[PDB]
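Figure: structure with atovaquone.
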Amino acid sequence: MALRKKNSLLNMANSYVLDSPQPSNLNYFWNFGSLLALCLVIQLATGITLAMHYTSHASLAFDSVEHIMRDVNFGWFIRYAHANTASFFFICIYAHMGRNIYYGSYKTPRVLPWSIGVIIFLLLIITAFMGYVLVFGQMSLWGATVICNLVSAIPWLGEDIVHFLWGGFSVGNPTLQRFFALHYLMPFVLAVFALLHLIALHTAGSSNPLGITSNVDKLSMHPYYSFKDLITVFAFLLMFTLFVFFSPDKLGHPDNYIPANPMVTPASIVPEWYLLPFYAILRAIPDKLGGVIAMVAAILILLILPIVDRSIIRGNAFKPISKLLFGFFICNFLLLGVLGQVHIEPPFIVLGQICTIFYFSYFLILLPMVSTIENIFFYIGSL
Amino acid sequence: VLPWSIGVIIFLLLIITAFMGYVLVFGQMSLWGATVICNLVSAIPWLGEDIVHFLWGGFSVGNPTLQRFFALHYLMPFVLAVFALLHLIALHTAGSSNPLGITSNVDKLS
Amino acid sequence: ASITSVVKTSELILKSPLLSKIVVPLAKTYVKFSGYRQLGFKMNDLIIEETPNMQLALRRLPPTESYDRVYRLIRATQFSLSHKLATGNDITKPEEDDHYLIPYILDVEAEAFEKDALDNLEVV
Amino acid sequence: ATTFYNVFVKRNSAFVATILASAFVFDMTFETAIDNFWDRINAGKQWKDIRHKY
Amino acid sequence: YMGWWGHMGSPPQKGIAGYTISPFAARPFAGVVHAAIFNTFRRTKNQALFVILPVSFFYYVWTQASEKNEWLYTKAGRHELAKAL
Amino acid sequence: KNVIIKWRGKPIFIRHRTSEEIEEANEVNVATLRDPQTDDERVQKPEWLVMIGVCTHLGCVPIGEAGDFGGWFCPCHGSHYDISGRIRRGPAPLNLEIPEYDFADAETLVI
Amino acid sequence: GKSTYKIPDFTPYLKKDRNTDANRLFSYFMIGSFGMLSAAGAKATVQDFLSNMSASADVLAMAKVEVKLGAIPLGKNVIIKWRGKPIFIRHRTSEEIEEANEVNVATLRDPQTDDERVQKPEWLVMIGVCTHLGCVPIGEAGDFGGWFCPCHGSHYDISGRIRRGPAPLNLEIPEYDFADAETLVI
Amino acid sequence: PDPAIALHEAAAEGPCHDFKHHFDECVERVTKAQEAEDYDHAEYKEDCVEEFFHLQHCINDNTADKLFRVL
Amino acid sequence: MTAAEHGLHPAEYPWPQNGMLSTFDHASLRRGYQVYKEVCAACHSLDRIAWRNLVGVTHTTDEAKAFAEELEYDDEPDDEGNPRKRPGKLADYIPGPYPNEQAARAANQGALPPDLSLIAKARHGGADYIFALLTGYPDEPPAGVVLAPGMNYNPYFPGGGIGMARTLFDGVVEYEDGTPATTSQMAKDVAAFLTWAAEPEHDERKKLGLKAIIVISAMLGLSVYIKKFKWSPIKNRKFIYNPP
Ligand code: HEC
Ligand code: HEM
Ligand code: HEM
Ligand code: HEM
Ligand SMILES: CCCCCC[C@H]1C(=O)O[C@H](C)[C@H](NC(=O)c2cccc(NC=O)c2O)C(=O)O[C@@H](C)[C@@H]1OC(=O)CC(C)C
Ligand SMILES: CCCCCCCCCCCCO[C@@H]1O[C@H](CO)[C@@H](O[C@H]2O[C@H](CO)[C@@H](O)[C@H](O)[C@H]2O)[C@H](O)[C@H]1O
Ligand SMILES: CCCCCCCCCCCCO[C@@H]1O[C@H](CO)[C@@H](O[C@H]2O[C@H](CO)[C@@H](O)[C@H](O)[C@H]2O)[C@H](O)[C@H]1O
Ligand SMILES: O=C1C(O)=C([C@H]2CC[C@@H](c3ccc(Cl)cc3)CC2)C(=O)c2ccccc21
Ligand SMILES: O=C1C(O)=C([C@H]2CC[C@@H](c3ccc(Cl)cc3)CC2)C(=O)c2ccccc21
Ligand code: FES
Ligand code: FES
C-alpha cells in the first residue's frame with residue numbers, strides 16, 4: 001500500500017489535495033475555493049509581514065503605515081498587496097457564495113458546509129474591517145466608531161458594551177491596539193473555519209454544475225483540478241498585478257490617507273466596496289436597531305436557503321425561472337452596492353428601501369414560491 | 001516514532017516561541033537575549049553574518065527587531081498548536097503507550 | 001420539498017380543466033427551455049438523490065433502468081465537462097422522457113409519511 | 001532530438017536542473033532586457049538621464 | 001453519501017465502455033478555432049437573456065434614479081427637491 | 001457659528017445661535033419628534049446650544065449647518081438634527097446629548 | 001453503438017507522430033517553460049518580498065561619530081554609541097601597552113599584535129561587541145585584565161585580543177581617524 | 001505669458017460658446033437681481049455656480065490636452 | 001449634492017506618469033521641488049519626506065546634503081544635559097513651517113494647511129486635483145457666490161470657498177533650468193512633485209509590474225496549455241453503452 005495512503009498524516013493531505021474524488025465536470029466557478037485559499041495565503045504572508053513593521057499605538061499607527069510605504073524595502077508592495085488582496089478576497093468570496101447559491105450547493109447534503117461558510121463570511125467581514133481600522137486614517141477611525149456602536153442597538157447593556165469594546169469613551173489608542181490583536185488573530189480563526197467547512201463538505205463531496213450525483217464519474221483532485229486551479233491562480237495574479245502595480249489605490253478611499261481626526265467625519269462617508277451592499281441596507285432602514293438587525297440579517301438570512309428552497313432539483317442549471325430570479329437577485333445585490341456609495345439624497349433613499357425589500361423577499365417569498373412552481377412545471381411538463 | 005519526532009519539533013518551536021516572547025519586554029535581559037539568539041546564525045559561515053543583520057533588520061537589535069519578534073511571537077504559538085495537533089494525529093494510529101509498555105489493545109477505556 | 005407534494009399538486013392541476021388548460025402548455029414550454037433533454041437526461045435524472053428516501057428508491061429500480069440511469073448520468077457529465085450538447089439519438093425525445101423513478105419514490109415516501117403519521121396516533 | 005530528450009528531460013533530476021538553470025538565465029537576461037527597455041521608453045525622463053547636469 | 005475509490009457509491013455500472021487516448025497522443029487544441037467561435041457563440045446565445053434582462057432592467061432603474069437625482073440638484077429642480085424634503 | 005471643543009475625545013458642538021434660529025427651533029410641535037423635547041429643556045441659555053456632537057445613531061460627528069432642518073447632518077447614515085440639535089429625519093433615535101455644563105462666568109462655560 | 005472492440009473514432013484528436021521523441025519533447029518544453037517561469041517568478045517573489053526584513057532605508061542612516069579625548073583620563077575605558085553598537089575607547093597607560101606587546105602572537109586564536117590594532121598606542125578603539133555572540137564585554141574585568149564578556153565567559157586583552165573563551169575573533173576595530181590629536185571620528 | 005489664459009479664451013469663444021453665453025446671461029440676471037432693493041430680505045438668492053461649472057467643465061475638456069502639450 | 005458642494009471635478013490632464021510604462025519626468029520633479037520650496041513651504045509641511053528621499057530622484061547626494069546642512073535640527077543634549085542643535089543630515093525630515101496645528105491656523109485665518117506629503121493620494125483626482133486647484137482661481141467668483149470671510153473662490157474645492165488664496169503667479173519662481181515659470185508650468189511641476197511625494201515608489205512599482213505582467217501572461221498562457229493537455233483524456237473520453 002502506497003505511503004500516501006499508509007501514513008496517517010500524509011493520508012489526511014492525500015485525502016484533500018491528491019486522491020480527493022471530485023466530479024469530473026466542475027466548471028470555472030469551482031475555482032473560487034482555491035482562489036480564496038490563495039487569497040488567504042497571500043493575506044497571511046503579507047499580513048504577518050506588515051505586522052513586523054506596523055505599530056499598533058494610535059500615535060504611531062498611521063505613521064508606521066507611511067513608514068511601510070516609504071522606508072521598508074518593498075513595503076509598498078507588501079502593503080498594497082495586502083490591501084488589494086482584501087478586495088480580491090471579497091470578489092472571490094461573493095463569487096464563491098454566488099456559485100453556491102446558483103448551483104444549489106446549500107441544499108442537502110451540503111447544508112453543513114454551507115452554514116459553516118456563512119460564518120466564514122461573517123468572520124471575513126469582521127477580519128477585513130478590523131484590518132481597515134488599523135491604518136487609523138479618517139475612514140478607519142470612523143468605521144471603528146460605527147461598528148463598535150452596532151452593539152448599542154442591543155438594549156440596556158448595549159452602551160456599556162460599546163465602551164468596553166473601545167476600552168474608552170471613544171475610539172482611541174486602546175481600540176486600535178485591540179483591533180490589531182484581533183485582526184491578527186481573526187484570520188487564523190477564519191482559516192480554521194475554512195478548513196472545517198471543507199471537512200464538512202468531504203462527506204458529500206463537491207456538488208457539480210448539473211446538480212446530479214457525481215458518484216458515477218469521479219476524477220482525482222490532482223492532476224485535474226490542480227492544473228485547472230493554476231489557470232485561475234495565474235488569471236487572479238494578472239488581475240492582482242494590474243491593481244497592485246499599476247493602480248494600487250483604485251479600490252481605496254482617499255480619506256484613509258488623512259490621519260484620524262476624531263473631531264470631523266468626512267462629508268463623503270463610503271465604506272469598502274464590499275461592505276457597500278450591507279451599508280445601503282443599514283441606511284435604508286430608518287430605525288437604529290432595525291437598521292442593524294436588517295444588515296446582519298442580510299447575511300444570516302443565507303442560513304435559511306436550505307429551508308426556503310423547496311426544489312426537488314439541485315441548482316439552477318435546469319431551471320429557467322429560477323435562473324431569471326437569481327439574475328435579478330444578483331443585480332439587486334449589485335444595485336444595493338451602488339446605492340451604498342451615492343449621497344443620501346432623493347431619489348436614492350426610496351430606491352435603496354425598495355432594493356432592500358427585494359433583497360429579503362428573494363429569500364422569504366420569491367425563492368419558496370418559484371421553486372414550488374418549477375417543481376410542478378417539471379412534473380407536468382415532462383408527463 | 002512519528003509523534004515523537006514531531007514532538008521534537010514542538011520542543012524547538014516552544015523554545016523559539018517562549019524566547020521571542022521574552023524579548024518583547026525589552027528589558028535588559030530581553031535585549032541581550034535577542035542579540036545572542038540572532039547571532040547564533042553567525043555560526044553559519046560566510047552568509048551567516050549577513051543573516052544576522054537580516055534578522056535584526058539593522059546593525060544591532062533595535063526597534064525593527066522588536067517589532068518582528070512581536071509578529072513572530074504572536075504567530076509561533078499557532079504554528080505550535082498545529083504541530084501539537086499533528087503529533088496527536090500521528091499518535092492516533094498507535095494509540096497511547098502505557099506504563100507497562102505492553103499492548104493495550106486487550107484492555108481499552110474511553 | 002417531497003416528491004409526493006409535487007405529484008399531488010400536479011394531479012390537482014391536471015384535474016381542474018381551467019387549470020390544466022393554462023398550466024400544461026406553460027409547463028411544456030418550461031421543460032423545453034429547461035433544456036435538460038439536450039443533455040440526454042430524463043426529468044427524473046435530475047431529482048436530488050442524496051437523501052435516505054431517494055437512496056432507497058434508487059435501490060428499488062430494476063437493474064435495467066438502473067444501469068441506463070448510470071449511463072445517462074455519465075454521458076451527461078461528459079457533455080457538461082466538454083461544454084457540448086447531446087446530438088441525434090442522445091437528445092431525449094419527449095416520448096422517452098418517462099417518469100421511471102416517480103413510482104418508486106412515491107412508494108418510499110408513502111411508507112415514510114405513513115410511518116410518521118402512525119408514530120403520532122392516539123387511541124380514542 | 002531524441003538525444004536532447006535523453007539528456008535534459010528524461011531524468012527528472014536533469015529536467016529540474018535544466019529548469020532551474022534556465023530560470024537563472026532567464027532571470028538575469030529578463031532583468032537586463034527590461035532595464036534597457038524601460039530606459040528607452042522613458043528616455044530623458046529618469047534621474048539617470050538628467051543626472052549628468054549635476 | 002460519497003465513498004472513496006473502490007466504493008464510491010455509484011449504483012452498479014455495467015455495459016459502459018469508456019475509451020480515451022493519452023494526452024500525448026491527442027492534440028489538446030484540436031478544433032479550438034471551431035469551439036472558440038461556434039461553441040462559445042452557442043453557449044453565450046443560450047444564456048444571454050438571463051444576463052441581459054436583469055442587467056438592462058437595473059441599469060435602466062439606476063439611470064432613471066441618477067438622472068432624477070442630478071436634476072433635483074439643479075436650479076430647475078429646486079421645487080421638486082423642496083417637495084422631496 | 002458652531003465650534004467644536006474636544007472633551008473626553010468626543011466633540012462638543014457649541015453654537016452661538018441667533019434670535020431667529022431660536023425662534024425656528026421653538027416652532028416644531030414637540031408632538032412630532034422621535035425624541036420629544038423643547039429647546040428650553042436642552043439649553044440652559046438660549047444663546048448657547050451646547051451638545052455632545054456625536055450622532056446618536058452610530059456615532060459619527062454630524063456636519064453642522066448642513067441638513068434639511070438646517071442644523072446638523074450626520075453624513076454617515078443621513079440623520080438630520082435641528083437647531084436645537086433634535087433629530088428630525090434619519091436613523092438616529094435620540095437628540096444630540098447635552099453634557100453637564102455650567103456657566104461659571106457669562107463668557108465662559110465648563111463641561 | 002454495440003461492439004466494444006470497435007474503438008470510437010479518435011482521428012480528430014490523434015496525433016500522427018504521437019510516438020516520436022519530438023512529440024513528447026514538445027509537451028515537456030511547455031511544462032519545463034512553465035517550470036522555468038515559475039522558478040524565475042518564485043525567486044523574484046521571495047527575493048523582493050523577504051527583502052522587507054532587511055534594514056529599511058531609515059535605519060540605513062550612517063553615523064560618523066566624533067569624540068573628544070581630553071576628557072578621558074589615563075587607565076579608563078569609555079563607551080561611545082556608534083551605529084547602536086558600543087565603541088570602547090581606552091586611554092591605555094604605558095605599562096598596559098607593554099603588557100599587550102608581550103604575549104607571543106603565535107598563541108592567539110586571532111593572531112594580531114597591538115600595532116596592527118591601534119593606529120595610536122594610547123588610543124585603543126574597538127567595536128565593543130563580543131565576537132562570540134554579541135554581548136558587550138565588561139571592561140577591566142577578565143583574566144587577562146582587559147574585558148570579559150559575561151555572557152559566555154570570553155576574555156579579551158588590553159589590545160582587546162581574545163585569550164580565553166568561545167569568542168573566535170579579537171574585538172573588531174572600526175574605521176577611525178584622528179582628525180585632531182584630541183578628537184577622533186569613527 | 002501663461003499659455004492657459006489664451007487656451008481658455010479660445011475655447012470659450014469657440015467650442016464652449018453656448019456655455020459662455022449661459023454664464024454671461026446668468027451673471028447679468030443675478031447682478032441685476034442684486035441691484036434691486038429688498039434682495040437681502042429675499043428667500044431665494046440665485047447664483048451662477050451651475051453655469052460656471054458647465055462652462056469650466058467644457059473648457060477643461062477642450063483644453064487639458066492642449067495645455068499640457070505646451071509645458 | 002449640488003455641484004458647489006461637490007466641487008467641480010478636475011480635468012484629466014495627460015501627465016507624463018499616466019500610462020502603464022511611464023515614469024515621472026524627473027526634471028519636472030526637480031522643478032516642482034523648487035516650487036514647493038519657494039511657495040508652498042511657507043504654509044505647508046512635507047513631513048514624510050526626508051532629504052535622502054530627494055537623492056537620486058531630483059537632486060544629487062551633494063545638493064541634498066547642502067539643503068539639509070542649511071538647517072538646524074534638535075541634537076541629543078550635551079554633556080551637561082543642555083539642549084543643542086546640529087546641522088541637518090540626509091536622514092532628517094524636511095521641516096515644517098509651523099511648530100504645531102495651532103500656530104498653523106493662527107497664520108492662516110483659522111484654516112489649517114494640510115501636510116502635502118500625502119495630498120496626491122488623499123484627494124479624489126490626485127495630481128489633476130492639485131493642478132486644477134492651483135490654477136483654478138477665477139479672477140471673479142461666479143455671480144451670486146457669497147464667500148465666508150477669509151475664503152477665496154475656487155470651483156475645484158468642495159464648497160467653493162478655500163482658505164488658501166491664489167499663490168502661483170507668472171514668475172514667482174525663477175527656475176534654475178530656464179523653463180518659463182508660468183502659472184500653468186509651476187502648477188504642473190509642483191503637482192508632479194507632490195504626486196511623487198505621495199507615491200515615491202511609483203517608478204519602481206510600474207517597472208516591476210511590467211516584468212510581472214510579462215511573466216504572469218506567459219505563465220497564464222502556458223498554464224492553459226498544460227491544463228488542456230492534462231485534461232485532454234477526460235475531454236476526449238468516449239463511451240459505448242450496451243444495455244445489459
Ligand atoms: C500662505 C498660505 C498658503 C500658501 C502659500 C499655499 N497654501 Fe495650500 N493651503 C493653504 C491653506 C490655509 C489651505 C487650507 C484651505 C482650506 O482647507 O480651506 C491650503 C490647502 C491646500 C491643498 C488642499 C486643499 C484641500 O483639498 O484640502 C493643497 C493640495 C494645497 N494647499 C497645495 C498648495 C501648493 C501646491 C502650494 C503652493 C505651490 C500651496 N498650497 C501654497 C495655505 C497655503
Ligand atoms: C476563506 C473562505 C473560503 C475558502 C478558502 C473556501 C474554500 C472552499 C473550497 C476549496 C471548496 C471546495 C472547492 C470549491 O467548490 O470551490 C469550497 C466549497 C464550498 N464552500 Fe467554500 N470557502 C470559503 C468560504 C465559503 C463561504 C463564505 C461559503 C458559504 C457561504 C462557502 C461555502 C462552500 C460550500 C457550500 C462549498 C460546497 C460547494 C460545492 O462544491 O458544491 N465557502 N470552499
Ligand atoms: C483574511 C485575512 C486578512 C484580511 C481580509 C485582511 C484585511 C486587511 C485590510 C483590508 C487591511 C486594511 C489595509 C489597508 O487599507 O491598508 C489590513 C491591514 C492590516 N492587516 Fe490585514 N487582513 C488579513 C490578514 C492579516 C493577517 C493574518 C495579518 C497578520 C498580522 C494582518 C495584518 C495586517 C496589518 C498589520 C494591517 C495594517 C497595516 C496596513 O494597513 O497595511 N492581516 N488587513
Ligand atoms: C505543546 C506541547 C505539547 C502538547 C500540548 C502535547 C500533548 C500531548 C498529548 C495530549 C498526548 C497524549 C496524552 C499523553 O500521553 O500525555 C501526547 C502524547 C505524546 N506526546 Fe506530546 N505534547 C506536546 C509536546 C510534546 C513533545 C515536545 C514531545 C516529544 C518530544 C511529545 C511527544 C509525545 C509523544 C511521543 C506522545 C505519545 C506518548 C504516549 O502516549 O506514549 N509531545 N502529547
Ligand atoms: C496540504 C493539505 C492540507 C489540507 C488543507 C489545505 C487546502 C486544501 O484542501 O486544498 C485543496 C486543493 C482545496 N481545493 C479543493 O478542495 C477543490 C475541490 C474541488 C475542486 C477544486 N477546484 C476546482 O477546479 C478545488 O480546488 C483548497 O483549495 O482548499 C483550501 C482552502 C484548503 O485549505 C484549508 O482548508 C486550510 C486553510 C489554508 C484555509
Ligand atoms: C493545519 C491543520 C491540520 C490538519 C489538517 C489536514 C487536512 C484535514 C484533515 C482533517 C480531516 C480528516 O478527517 C478524515 O480523515 C481521513 C484520513 O485521510 C479521510 O478519510 C478519507 O480518505 C480515506 C483514505 O484516503 C478513506 O478511507 C475514507 O473513506 C475517506 O473519508 C477524510 O479526510 C476524513 O474522513
Ligand atoms: C524561501 C526562502 C529561501 C532563502 C532565500 C533568501 C532571500 C532573501 C535575500 C534578500 C535579497 C535581496 O537582495 C536585494 O534584492 C533587491 C530586490 O529585492 C535587489 O534590488 C534590485 O531590484 C529592485 C527591484 O527588484 C530595485 O528596487 C533595486 O534598485 C535593484 O537594485 C538588490 O540588487 C539586492 O541586493
Ligand atoms: O457607516 C458605516 C458603516 O455602516 C459600515 C458598515 C457596512 C458593512 C457592515 C456589516 C455588514 C455585514 C456584517 Cl455580517 C456585519 C457588518 C458593517 C458596518 C462601515 O464599514 C463604515 C466604514 C466607515 C465609515 C462609516 C461606515
Ligand atoms: O547568553 C545568552 C544565551 O546564550 C542564551 C540562550 C541561547 C539559546 C537558547 C536555546 C536556543 C535553541 C535551542 Cl534548540 C536550545 C536553547 C539557550 C540559552 C539566552 O537565552 C540568553 C538570554 C538572555 C541573555 C543572555 C543569553
Ligand atoms: S451615524 Fe449618525 S446617522 Fe448613522
Ligand atoms: S557572548 Fe561574548 S562570550 Fe559568548
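Chain naming here is simple, since letters A, B, ... match the order of the sequence lines and numbering starts at 1 in each. Every number for a ligand or one of its atoms is a count from 1 in the order of the listing. Recorded method for this deposit: electron microscopy, 3.3 Å. As a textbook-style caveat: the illustration shows part of the entry, and contacts are counted within that part alone. What's counted below: heavy atoms across the whole structure, side chains too, no hydrogens, waters or symmetry copies.
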message: I need every copy of atovaquone for my figure - which ligands or chains are they?
response: ligands 8 and 9
- request: List the macromolecule sharing the largest contact count with atovaquone (ligand 8), named according to UniProt.
  value: Cytochrome b
message: Looking at atovaquone (ligand 8), which other chains have a heavy atom under 4.0 Å from it, would you say?
response: A, F
query: What label does the deposit attach to chain F?
result: Cytochrome b-c1 complex subunit Rieske, mitochondrial
field: TM segments of chain A, UniProt order from N terminus, heavy atom < 4.0 Å from atovaquone (ligand 8)
entry: 3, 6
- prompt: Binding site of atovaquone (ligand 8): which residues fall under 4.0 Å, heavy atoms only?
  reply: A:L122, A:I125, A:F129, A:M139, A:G143, A:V146, A:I147, A:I269, A:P271, A:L275, A:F278, A:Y279, A:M295, A:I299, F:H77
